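A look at one PDB structure holding cetuximab.
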Amino acid sequence: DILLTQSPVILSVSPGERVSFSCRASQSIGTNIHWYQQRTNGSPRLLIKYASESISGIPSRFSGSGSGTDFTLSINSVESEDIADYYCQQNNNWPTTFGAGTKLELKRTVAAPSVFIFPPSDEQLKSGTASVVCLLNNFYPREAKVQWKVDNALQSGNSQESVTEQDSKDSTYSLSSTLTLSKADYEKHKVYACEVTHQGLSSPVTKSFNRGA
Amino acid sequence: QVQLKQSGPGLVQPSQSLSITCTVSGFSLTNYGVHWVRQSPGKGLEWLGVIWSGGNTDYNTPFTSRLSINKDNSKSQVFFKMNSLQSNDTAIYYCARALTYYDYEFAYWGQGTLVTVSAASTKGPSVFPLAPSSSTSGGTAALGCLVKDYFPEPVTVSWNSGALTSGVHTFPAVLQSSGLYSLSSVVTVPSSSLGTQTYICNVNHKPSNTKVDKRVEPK
Amino acid sequence: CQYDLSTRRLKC
Ligand SMILES: *[C@@H]1O[C@H](CO)[C@@H](O)[C@H](O)[C@H]1NC(C)=O
């Protein structure tokens, strides 16, 4: 099988900048290379066929070049909507194979998260478990800290985080931190707090509530 | 318009078989080949095989033994079957079509079928409201739905039947120590619209046929 | 990097 090596594995750039994707083949393959774009939750989308040929409905800012073993996909002036993974594919030799891909991330200005906290629902407490959620919304860069405190006792090991991929419009991330307690434990305490640390905030921001309204 | 629509997400017991249907439209199966490509954590994009216009098949070398592709031209259906799945066969499976009948530049793709190889049993999620209060900042309110304790992935979440998309964030699911998945989906809306407007998350978990609409209100 | 089936993107 032909090995295709894509470089680098990850690219960070600002809008309006030029970006090049490299795809190197383990042996010559002429111009028998195709490029794809893959967005979050999406299928691959055909960008370029045969090293350099255009595809219907693909923006003119996408182009490709190269022959032999060294291929390049170019985006002359990146837009926020271009966030995706980019793959190359060779079909000079059976079976057709794909590269491991390059991840395209976009730079933007620092954005502080807007923070929101959600008590467990009465509906959930009926099942003996209490989930407390903290939302960090529309922030950048990706690095953030959430600290849970229950009656001033620092929480550890009982929370999980999920982070969205970059937003296609504003390039920001959002994050959910879920604190998970037994109903019994939840009922034995009053003040549930979520302290958020981020480069966009000059000081940590705390959101909290007292159990039982 | 060319479309390839695949069957729903599935759970497969280890050493058992995977079956997926590709239903196509906008072209005839007698004029184009249909390819199958999968995408896994361990091997990325991997071409599996193809059924051509005239019904011949090719299978990628490591799948010759366990793979078989068939079709029904008249019903516009392609049938993909793979035998004796192991954990590292867990992946998203795609059907695709090339620009021309004989080629391999895949211009059109199925939406993908996420396949989980696991001994665990299907379990539908519970849906809890993430209710706004004063969740209020600068006149903006946030609300959501907690979709908890299901298996396997995925779940789909929309708001107001697709009508509300602006401000929506559905988080990647995380696997809990109980071996079940959990996720939240949130949306920011104007504080003042909580009186007039209804907000409903539409949760769908196809592997368990759990289909739930949750009305989320201030408390 | 590798594709993540939960996020449906590469994860690095
Ligand atoms: C899965 O396991 C087999 C060995 O049982 C191995 O040869 C193959 O490369 C693996 N496939 C992956 C990592 O998807």
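The chains are labelled alphabetically, A first, in the order the sequence lines are listed. Just so it is clear, chain A uses the PDB entry numbers, and the residues here are 1-213, in order. By the numbers in the PDB entry, the shown part of chain B spans 1-134, 136-220. Going by the PDB entry, the residues shown for chain C are 1-12, listed in order.
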Could you point out every ligand or chain corresponding to cetuximab? chains A and B
Contacting moiety of A:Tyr87, where chain C heavy atoms sit under 4.5 Å: side chain
With a 4.5 Å cut-off on heavy-atom pairs, point out which of A:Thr40, A:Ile10, A:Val9 contacts chain C the most. A:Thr40
Which chain from cetuximab shows the highest count of heavy atom pairs below 4.5 Å with chain C? chain A
Measuring heavy-atom distances to chain C, does A:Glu165 have an atom under 4.5 Å in its side chain, in its backbone, in both, or in neither? side chain
Can you list, by chain and number, the residues with heavy atoms within 4.5 Å of cetuximab? C:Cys1, C:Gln2, C:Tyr3, C:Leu5, C:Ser6, C:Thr7, C:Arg8, C:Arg9, C:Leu10, C:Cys12
Please tabulate the donor-acceptor pairs under 3.5 angstrom that span chain C and chain A (cetuximab), backbone and side chains included.
unit_1  : atom_1 : unit_2   : atom_2 : d
C:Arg8  : O      : A:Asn41  : N      : 3.3
C:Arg9  : NE     : A:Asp85  : OD1    : 3.2
C:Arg9  : NE     : A:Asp85  : OD2    : 3.0
C:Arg9  : NH1    : A:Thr40  : OG1    : 3.2
C:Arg9  : NH2    : A:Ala84  : O      : 3.4
C:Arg9  : NH2    : A:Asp85  : OD1    : 3.3
C:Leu10 : N      : A:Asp85  : OD2    : 2.9
C:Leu10 : O      : A:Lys103 : NZ     : 3.2

In the entry, what name goes with chain A? cetuximab FAB light chain
